[PDB]
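Structure (with febuxostat).
Here is the naming used below: chain letters follow the sequence lines, and residue numbers restart at 1 for every chain. Values below: every heavy atom of this structure, side chains too, minus hydrogens, waters and symmetry copies. How was it done? The header gives X-ray crystallography, 1.5 Å. Both ligands and their constituent atoms are indexed starting at 1 by order of listing.
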Amino acid sequence: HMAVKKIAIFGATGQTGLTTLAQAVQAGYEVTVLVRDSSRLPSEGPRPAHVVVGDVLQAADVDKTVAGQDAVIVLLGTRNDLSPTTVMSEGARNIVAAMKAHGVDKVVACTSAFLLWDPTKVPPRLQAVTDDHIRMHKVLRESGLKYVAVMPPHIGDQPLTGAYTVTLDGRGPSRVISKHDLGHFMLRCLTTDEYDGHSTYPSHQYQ
Amino acid sequence: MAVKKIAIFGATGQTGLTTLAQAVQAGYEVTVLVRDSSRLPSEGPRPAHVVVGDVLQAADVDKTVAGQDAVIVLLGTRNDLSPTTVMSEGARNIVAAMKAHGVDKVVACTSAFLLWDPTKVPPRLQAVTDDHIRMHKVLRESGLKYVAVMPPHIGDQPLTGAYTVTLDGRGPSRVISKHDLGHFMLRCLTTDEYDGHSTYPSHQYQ
Ligand SMILES: NC(=O)c1ccc[n+]([C@@H]2O[C@H](COP(=O)([O-])OP(=O)(O)OC[C@H]3O[C@@H](n4cnc5c(N)ncnc54)[C@H](OP(=O)(O)O)[C@@H]3O)[C@@H](O)[C@H]2O)c1
Ligand SMILES: NC(=O)c1ccc[n+]([C@@H]2O[C@H](COP(=O)([O-])OP(=O)(O)OC[C@H]3O[C@@H](n4cnc5c(N)ncnc54)[C@H](OP(=O)(O)O)[C@@H]3O)[C@@H](O)[C@H]2O)c1
Ligand SMILES: Cc1nc(-c2ccc(OCC(C)C)c(C#N)c2)sc1C(=O)O
Ligand SMILES: Cc1nc(-c2ccc(OCC(C)C)c(C#N)c2)sc1C(=O)O
């Protein structure tokens, strides 16, 4: 009885992706992942239904990942690397093109709460990555797709609670979200239209 | 002195479309060079003259520059991620045509990466940035009255007319709305104060 049942996850091998993947498999989703050839999912962990090996910078690989899905979750990032980059914005351009070509409308994509900050207050060391989040958000906003812009504060290692605050179109009352709660929220956004076209800032106080 | 007739190159682009609309609304007699006229909007403000052709074809550029008072350049090559010379070769054709027709004023957009350390440029944007640098040198060496416009990220916020312009360096904000950027390109036609300078338009929106 799953209206959304087939999903693509971009970034499933990452910090938030791994727990999003685990929670999605447990919840009954049929998950397709795009993984880079050198970086597959861990063998002991939950297995998705379909694996595409390739790169988000290749339209052909993104097309193969998006075809036949109900919705797309985007958890791309650069791990610890703070260098100038366009992997997230160019990846988003490819995702948008594939979604349009394949009739997929719902995209839930993670950038960061700095897109809700006074821009001159972003820490300089994070500005190069933030610049690409800004480029990525513009690509997704201008696409016309049903886009949920997830803009989290610091991502931590605290528990899954399902009890976090979701602040619409502004910064929320806490400065952290656990990676498990962030993935839980990305999946929650598949089951409702209420956040489409909005920015969302999930946050919580772990106690 | 008084500018009434302008050519716009890159009028079908993101900044070009709004610069064109604003220029027509303000009263300029606008000539555009477009590769495909269906990419111009069917409704609303329409340019006075449409040349169908390619900035890489000197004859097309000459036909676009003839009779103008000033030229606005909003060329770009969004998809190119490896060495590309479209913008700089286009600028060479524009310079030759302006010299041949006695047009003295050019306001051309490159990017604020030309005001930052080269290591700030994302790898996949290096080729476009290299050609922006080539285009900037072509225009600086031309002897024409040249305003170098070097914007940071181009956003979609509504026109304000209230942005800051920093001369020969960078200002505090790192966004300019495409509408404000177009407004600034047109402001550069009304004054000589920016000639021979680099200009960085930016603003705080919220
Ligand atoms: N850390 C924070 O406190 C914080 C706060 C707010 C926002 N954010 C942002 O939240 C987002 C998610 O962060 P995260 O820590 O969960 O992610 P992450 O650990 O950095 O994981 C990045 C994911 O993207 C994949 N990826 C990168 N390049 C790719 C490419 N060319 N093709 C295909 N996949 C590619 C990575 O695959 P590989 O396994 O192959 O590397 C990995 O799965 C990021 O954009 C981050 O900037 C982070
Ligand atoms: N945030 C940003 O995006 C950003 C920031 C700083 C600087 N810049 C730079 O600012 C400039 C303007 O950017 P933009 O986004 O407004 O431009 P754009 O949307 O990419 O449009 C580029 C324009 O150049 C035209 N063009 C390309 N090749 C041509 C050719 N051979 N002959 C004739 N016309 C040609 C295009 O015509 P068609 O419609 O026929 O394709 C289009 O009208 C660019 O140089 C860009 O690199 C961009
Ligand atoms: C408290 C607080 N931390 C934030 C934060 C922290 C680290 C980040 O990136 C780290 C890097 C390794 C990607 C990013 C991003 N992008 C955003 S935002 C925020 C707020 O208050 O809004
Ligand atoms: C914040 C910031 N963004 C810049 C930027 C962004 C996109 C660009 O190209 C778009 C691509 C699709 C061709 C170019 C160029 N050229 C430059 S520069 C800059 C700064 O602050 O220096």
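Including duplicates, the parts belonging to febuxostat are ligands 3 and 4. Of the chains near febuxostat (ligand 3), the one making the most contacts is recorded in the PDB entry as Flavin reductase (NADPH). By chain letter, those with a heavy atom nearer than 4.0 Å to febuxostat (ligand 3) are A. There are UniProt NADP(+)-binding residues of chain A with a non-hydrogen atom under 4.0 Å from febuxostat (ligand 3), namely A:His133, A:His154. Among all UniProt-designated active-site residues of chain A, the one at the smallest non-hydrogen distance from febuxostat (ligand 3), rounded to 1 Å, is A:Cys110, 8 Å.
Remark: minimum distance from atom 7 (C) of febuxostat (ligand 3) to any protein heavy atom is reached at A:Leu126 CD1, 3.9 Å.
What sits closest to atom 17 (C) of febuxostat (ligand 3) on the protein, heavy atoms only, is A:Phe114 CE1, 3.3 Å. Counting only heavy atoms of the protein, atom 2 (C) of febuxostat (ligand 3) lies nearest to A:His154 N, 3.7 Å. Looking at A:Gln127, A:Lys121, A:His133, A:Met88 and measuring to atom 16 (N) of febuxostat (ligand 3), the nearest heavy atom belongs to A:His133. Under a 4.0 Å criterion applied to the non-hydrogen atoms of A:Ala113, febuxostat (ligand 3) contributes the atoms 22 (O). For atom 22 (O) of febuxostat (ligand 3), the nearest non-hydrogen atom of the protein is A:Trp117 NE1, 2.6 Å. Against a heavy-atom cut-off of under 4.0 Å, A:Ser112 is close to the following atoms of febuxostat (ligand 3): 15 (C), 16 (N).
As deposited, there is no covalent attachment of febuxostat (ligand 3) to any chain.
Here the heavy atom of the protein found nearest to atom 1 (C) of febuxostat (ligand 3) is A:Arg175 O, 3.4 Å.
With the cut-off at 4.0 Å and only heavy atoms counted, the binding site of febuxostat (ligand 3) comes to A:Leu82, A:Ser112, A:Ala113, A:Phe114, A:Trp117, A:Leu126, A:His133, A:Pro153, A:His154, A:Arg175, A:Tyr201.
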